[PDB]
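Drug present: salicylic acid.
First the proteins, then the strands, lettered A, B, ... as listed; each starts at 1. Computed from heavy atoms alone, side chains included, the values below leave out hydrogens, waters and symmetry copies. Counting starts at 1 for both ligands and their atoms, following the listed order. Partial entry shown, contacts counted within.
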Amino acid sequence: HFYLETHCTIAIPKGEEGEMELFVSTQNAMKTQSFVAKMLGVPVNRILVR
Amino acid sequence: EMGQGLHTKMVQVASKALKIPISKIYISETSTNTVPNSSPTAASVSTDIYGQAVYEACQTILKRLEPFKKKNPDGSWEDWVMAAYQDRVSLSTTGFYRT
Amino acid sequence: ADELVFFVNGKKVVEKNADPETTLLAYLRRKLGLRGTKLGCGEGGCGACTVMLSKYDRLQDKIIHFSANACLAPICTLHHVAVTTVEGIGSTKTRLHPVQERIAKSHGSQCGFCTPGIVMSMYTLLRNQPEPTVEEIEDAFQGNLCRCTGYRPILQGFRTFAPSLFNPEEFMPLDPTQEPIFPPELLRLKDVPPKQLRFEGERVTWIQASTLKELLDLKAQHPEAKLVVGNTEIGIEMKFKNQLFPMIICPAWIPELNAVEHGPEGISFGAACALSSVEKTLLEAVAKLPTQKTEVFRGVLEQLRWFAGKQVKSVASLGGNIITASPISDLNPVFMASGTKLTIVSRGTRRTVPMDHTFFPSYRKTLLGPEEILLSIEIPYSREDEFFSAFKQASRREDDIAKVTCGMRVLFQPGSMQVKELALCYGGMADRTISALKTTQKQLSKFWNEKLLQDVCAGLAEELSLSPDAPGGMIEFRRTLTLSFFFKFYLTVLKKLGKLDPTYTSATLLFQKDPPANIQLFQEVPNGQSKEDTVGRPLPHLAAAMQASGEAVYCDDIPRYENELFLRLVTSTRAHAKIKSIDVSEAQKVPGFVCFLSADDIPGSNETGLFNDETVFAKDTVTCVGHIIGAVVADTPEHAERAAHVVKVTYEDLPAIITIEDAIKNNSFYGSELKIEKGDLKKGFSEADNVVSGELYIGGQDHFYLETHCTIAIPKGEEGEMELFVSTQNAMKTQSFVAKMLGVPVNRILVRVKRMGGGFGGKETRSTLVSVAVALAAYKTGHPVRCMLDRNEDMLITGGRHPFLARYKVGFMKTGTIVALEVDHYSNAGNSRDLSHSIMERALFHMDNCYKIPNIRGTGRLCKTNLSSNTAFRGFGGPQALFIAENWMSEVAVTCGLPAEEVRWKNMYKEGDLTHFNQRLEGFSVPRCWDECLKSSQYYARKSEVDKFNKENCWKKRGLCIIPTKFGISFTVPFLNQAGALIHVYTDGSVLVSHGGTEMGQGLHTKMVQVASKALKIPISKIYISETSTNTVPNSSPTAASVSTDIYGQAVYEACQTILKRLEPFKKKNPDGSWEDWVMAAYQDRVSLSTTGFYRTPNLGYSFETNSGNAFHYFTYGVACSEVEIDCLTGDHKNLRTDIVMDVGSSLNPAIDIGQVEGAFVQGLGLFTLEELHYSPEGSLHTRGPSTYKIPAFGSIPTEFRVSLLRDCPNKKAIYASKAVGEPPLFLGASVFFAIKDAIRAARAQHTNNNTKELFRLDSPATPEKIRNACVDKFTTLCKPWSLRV
Amino acid sequence: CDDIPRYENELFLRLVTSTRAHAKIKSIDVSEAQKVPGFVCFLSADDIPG
Ligand SMILES: Cc1cc2nc3c(=O)[nH]c(=O)nc-3n(C[C@H](O)[C@H](O)[C@H](O)COP(=O)(O)OP(=O)(O)OC[C@H]3O[C@@H](n4cnc5c(N)ncnc54)[C@H](O)[C@@H]3O)c2cc1C
Ligand SMILES: Nc1nc2c(c(=O)[nH]1)N[C@H]1C(S)=C(S)[C@@H](COP(=O)(O)O)O[C@H]1N2
Ligand SMILES: O=C(O)c1ccccc1O
Ligand code: MOS
Ligand code: MOS
Ligand code: FES
Ligand code: FES
Ligand SMILES: [Ca+2]
């Protein structure tokens, strides 16, 4: 692909109820959200992808 | 937005639909807590489908503002919006499209 | 410099560059990233920063555990000390400690900001006593404040360590064997002798002396060096007095300064001994030694009971209190009266002198030389024929500064009543501890009798004079206390010498706790209700566990960006003046200084405020002390603070209008008179058998949310975008005000509110004062910027409840029936309009309370003054008007000579009646609450018991009063009664709910989740609410008017209905499928799982011009009966019992609602009896901290506290038949005020006069000063024109 | 994404990837990695909570 900006993610753990806010260079915030929630083992509503 | 100008096009669409300058419209980012269960931005259909979703959302807004426009036809977009707010009419809505 | 080595939660900390000025709190929060410990006041009075400290005590040979205020603990005092914070005992990520589990499940956590500190105070107690007694449990919180709960749930839940809202049987037992072990490494370090340490900071050098020799050598070389042990005085001087001590020597480690010796003359304590140690030792001595030998010890102990709290007493040293020599020291008067021996030393010298009047020559000074230090203190055993008393009277019993405090000793000739020695020493009557030598000298050789009492009182009245301008004011009260204390001493000695009049006995009794008794009654949910349907169930606040664990994130807990700067507001020190110039030359010299911001830096508009009558930054003129002129931005908060403090502003004073009286005289008002008039007043007064006129005043109130105002502003650098994290109840206004100041479209600003550690209306609008300033800083610097107000800034700047002055005239019949009422209200609005108008409107809407007044006229004027702009505060004008109403109603009863409850009942509205603003009262439940409260409170039976007590007691009286209340529900501004919600159902079926409301501890999100769960018929476990944000739900009204549950509940409900309608087709095609199945099916079929919800309260719109239209959607009702016991000699009082019956319709959550009732009630209790703000004549606030502003403490609540939610009273006007509960209960706190008034009448009937119909004025708050002064007697009288017309 | 300022306590992650096209992972030694200044931790499959 050689997108000038390579893959990048910033993950911010809130420390509450498994909440996490992520800033991601992605075209798929939905899958990023569900995949992160799946790995963490928390409901999808706890993960915010921006 | 990955450089294809999707937000630019959505603002253009929203502006045309609402009949207001693009300067009054803004798109800050894409987030899972504003629009959920979104398909990945792909297949070159983003303009197509989000354009429709944005279009529909705009139609809902126009319909809610219609009573105030009729009430004060010479008024400004700002006048109608404030009137709508003061009359406790929701100025927030979702838009959706299914090909 | 030496390395500072200590442990935090079992982890070793090696600080190679310890700065002597760094507090443990700052270190924990900024260096260790442990934000569970909070900053609530920085002055040791709130306990929010409470932590536990553990150390190996060499002299005791064992590990000791004690609590301490992290805000006052210098990390440099913690070498080889183990710290335990809330994070160190448990968490929701691992497992909650029993203390955390219980405070959470018992509903002892609302906003949660005070929870960690209370958890640590309780935890520390248990580490010392695994099975504490109820009294030990209450005493554990003398230094912890909670503004939300009313304390009852915290104590009742913790009582377990010694339908229902919670089940103790579910609690995990406490197992001491599973507690964290004392750091092994520290236990090893105990085997290596102490060595002197040196710490070098930016401005201070700290020397930890290991031996007495080193200490004396250091003092000889550096006489100026400031000793520091507990730092509970120096810490205050540094932080609040702008003091800077370049060199500090901590002698805490020195064995001689910690030695306890039991000698033949008394018990000696090293000067470094903590007050808690002195207390423990003296308690043991009193338990083992003969009563006659412990008179002085018990005096010391009595003072220690009311000396700060556990946190302060555990670190505060004996030497520190003595040498600080504060005019209000509670111990020096005792040490002086008892001639306590002081051993003073310096290199090469040693002397021992008994403390006497000469020890304190002048303000804050003692007779110690510059090279001398206090080594030890020997508190003397009392001798035969020698008696001692110690008394203290403040504004509040627990953790307060003495108004007057004393130590009194008398020595008689062997076996006689003839005085050999007499010492009456007082604190709070001069700029130093003094002895009434002139007075006592005259009694030597005299006998203990009535003549001596009279002579001493007359003497005290003359010798302990106070000039009208005496610091602290309360001249009459303080002088009365000096005599009253002696009277108590006199009577007590008579008793000890012995035949005392039975009715006089209680006057000699020391304060005694009565066992608590709490009962909560609510309605069980229908038998067939699903377990998943939690509506109506006592579900604990969803974030309670995280609040108890310190995991709950409040604004300042959010990590700072690496490039984040700090802002410090620069405010006016003048009430009204022209700003001639601003000099930042000195500020620019402070390290880390970035810039000074002022009006000219604003890119958009400097016009702000709800009514655009405010500046963001003062321009040309300042209109109140605290008026924001600008702000300093620096690399650290300390640097920002120091720089701001040296910004020099030159003023030219302008005539200032401070008081309501000033405003009236100068016709200084905001807008025109507000008025509601119904009936024919003229005719009404003609018909009246009696007419009473009067004036009444009700003081203001500081919100004192445990978490002060705070804003973090993140500039994005794109299109003017800015994201702000704010502690506000009004994200919409925050957003628009920031946008307005910046001059950018509102759509560029994003405001996010996770939660507030309390709001109470104080964060409805005034939070923008900080938000806009921080936003400007971010805009100008391009860096993230934050600012959290220190308590003193917050109390000075942000405004509070509106003080009200009322002039009334009421006409009534001999039967007590009201036929006419005129009340002119005046509120002190401050330097801007803000919410003052609506507040006055609500006041007018409630001037009737629950009584039908055929002819009534109420007016209101907003006084424009040079004081910080007052704003919304739980009640929003209602409490003031309701108070004024109950005041004349109480006078009508007295005038008619009829039982108050009878007069109130016969005047009470009836179902269907119209209010003075012509709204029909539908579902008027006051009658039921009234009769049920009368019954469950056993009002009548107790009424007679009260009269009996009063006949049997001359210097103590009891009062009982039952009052009703009704509170109109809805914003009195029509358009604010709208609410939006946004709900998303993700493909895993989990639901994210967002609504316009904010969480400030009231449990709104909890209720919304409960609502959503019921509406969707899915477990609450599948629903979540993360925060409130302007980009999810726009144009939201502020979270206020107690209608959030009502309106957001409907919006959430509607959104859920839409979701259900969309899922319906899939549920039908797969009836036996799961929620998850239907959701995925809908998603797969491309059905949107996202929708908004909206609600608009119908039929609202009142007009003051026509006195027509519905002002409220409905009313919330309640009744409260309170009984009190006042000490007619000191002004102190006990809240014996309070019974509340509240109508909250069908409660959505009885736990949260009873919590709101108790919390509101206690806040009202504070408003009417403890809380008072004092201002200089020039308009400068004196009361800027918990040390001087006394909110209700754990010990302030009714001993017997009963709350019942009215049964079978569904409210068809709101979500799931519930009723708003936020504000309605607050006024019921007035039941305490009127019980006190009743008690005072009994006292006046006893010693004042015989006029049983006298109407003495009692303004709010009914503080110890007002209560004592009202109890006119031979003492108040002791504390002459040429001619008089005949 | 990476232009977003880092938090004061923000850490950095570096992926450890396979140098073989197809093989069994016999063992992983991080004893040398742990010596690198600033090393916080090595994360692997067993660290995943979900
Ligand atoms: C929330 C709060 C509540 C309080 N409540 C009360 C109260 O009810 N009644 C009351 O009287 N006080 C009260 N205090 C005041 C304070 O706690 C006492 O004065 C305390 O005993 C001082 O002890 P310290 O060790 O903390 O002093 P520091 O602050 O460490 O030192 C105080 C002063 O004593 C000097 N000093 C200390 N030890 C020696 C020594 N051995 N020889 C010579 N000089 C010495 C120091 O140089 C300094 O000037 C309160 C303080 C707070 C913060
Ligand atoms: N714990 C806590 N309870 C509280 C408050 C608070 O700040 N903290 N605010 C009070 C005020 S002034 C109001 S208007 C209501 C607001 O919330 P509500 O509308 O959901 O009842 O809660 C009341 N109860
Ligand atoms: O309580 C109200 O009536 C009210 C009205 C306008 C704004 C804030 C409010 O609390
Ligand atoms: O469909 Mo484009 O993201 S290949
Ligand atoms: O209506 Mo509350 O925010 S005073
Ligand atoms: S912040 Fe420490 S006692 Fe309030
Ligand atoms: S819960 Fe205690 S102050 Fe809020
Ligand atoms: Ca105001």
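- All instances of salicylic acid together account for ligand 3.
- Of all chains here, the one making more contacts with salicylic acid (ligand 3) than any other appears in UniProt as Xanthine dehydrogenase/oxidase.
- Other chains, heavy atom under 4.0 Å from salicylic acid (ligand 3): C.
- Ranking the protein heavy atoms by distance from atom 2 (C) of salicylic acid (ligand 3) puts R842(C) NH2, 3.4 Å first.
- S970(C) counts as a contact of salicylic acid (ligand 3), since one of its heavy atoms falls under 4.0 Å from the ligand.
- Salicylic acid (ligand 3) has no nitrogen or oxygen under 3.5 angstrom from a nitrogen or oxygen of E764(C).
- Of the other ligands and ions shown, those with an atom under 4.0 Å from salicylic acid (ligand 3) are ligand 5 (dioxothiomolybdenum(VI) ion).
- Using a 4.0 Å cutoff on heavy atoms, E1223(C) does not count as a contact of salicylic acid (ligand 3).
- Between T972(C) and salicylic acid (ligand 3), at least one N/O pair is under 3.5 Å apart.
- Proximity by heavy atom, under 4.0 Å to salicylic acid (ligand 3), holds for these of the UniProt Mo-molybdopterin-binding residues in chain C: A1041(C).
- Of the heavy atoms in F876(C), only side-chain atoms (C-beta onward) come closer than 4.0 Å to salicylic acid (ligand 3).
- Heavy atoms of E841(C) found under 4.0 angstrom from salicylic acid (ligand 3): none, in either backbone or side chain.
- Among protein heavy atoms, atom 7 (C) of salicylic acid (ligand 3) sits closest to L976(C) CD1, 3.6 Å.
- Residue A872(C) does not touch salicylic acid (ligand 3), judged by heavy-atom distances below 4.0 Å.
- Among the UniProt active-site residues of chain C, the one closest to salicylic acid (ligand 3) by heavy-atom distance, rounded to 1 Å, is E1223(C), 5 Å.
- When the heavy-atom distances from atom 6 (C) of salicylic acid (ligand 3) to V973(C), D834(C), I969(C) are ranked, the shortest goes to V973(C).
- The residues of other chains having a heavy atom under 4.0 Å from salicylic acid (ligand 3) are listed as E764(C), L835(C), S838(C), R842(C), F876(C), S970(C), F971(C), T972(C), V973(C), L976(C), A1041(C).
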For salicylic acid (ligand 3), what N or O to protein N or O distances fall under 3.5 Å?
from                      : atom 1 : to      : atom 2 : distance (Å)
salicylic acid (ligand 3) : 1 (O)  : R842(C) : NE     : 3.0
salicylic acid (ligand 3) : 1 (O)  : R842(C) : NH2    : 3.0
salicylic acid (ligand 3) : 3 (O)  : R842(C) : NE     : 3.4
salicylic acid (ligand 3) : 3 (O)  : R842(C) : NH2    : 2.9
salicylic acid (ligand 3) : 3 (O)  : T972(C) : N      : 2.7
salicylic acid (ligand 3) : 3 (O)  : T972(C) : OG1    : 2.9

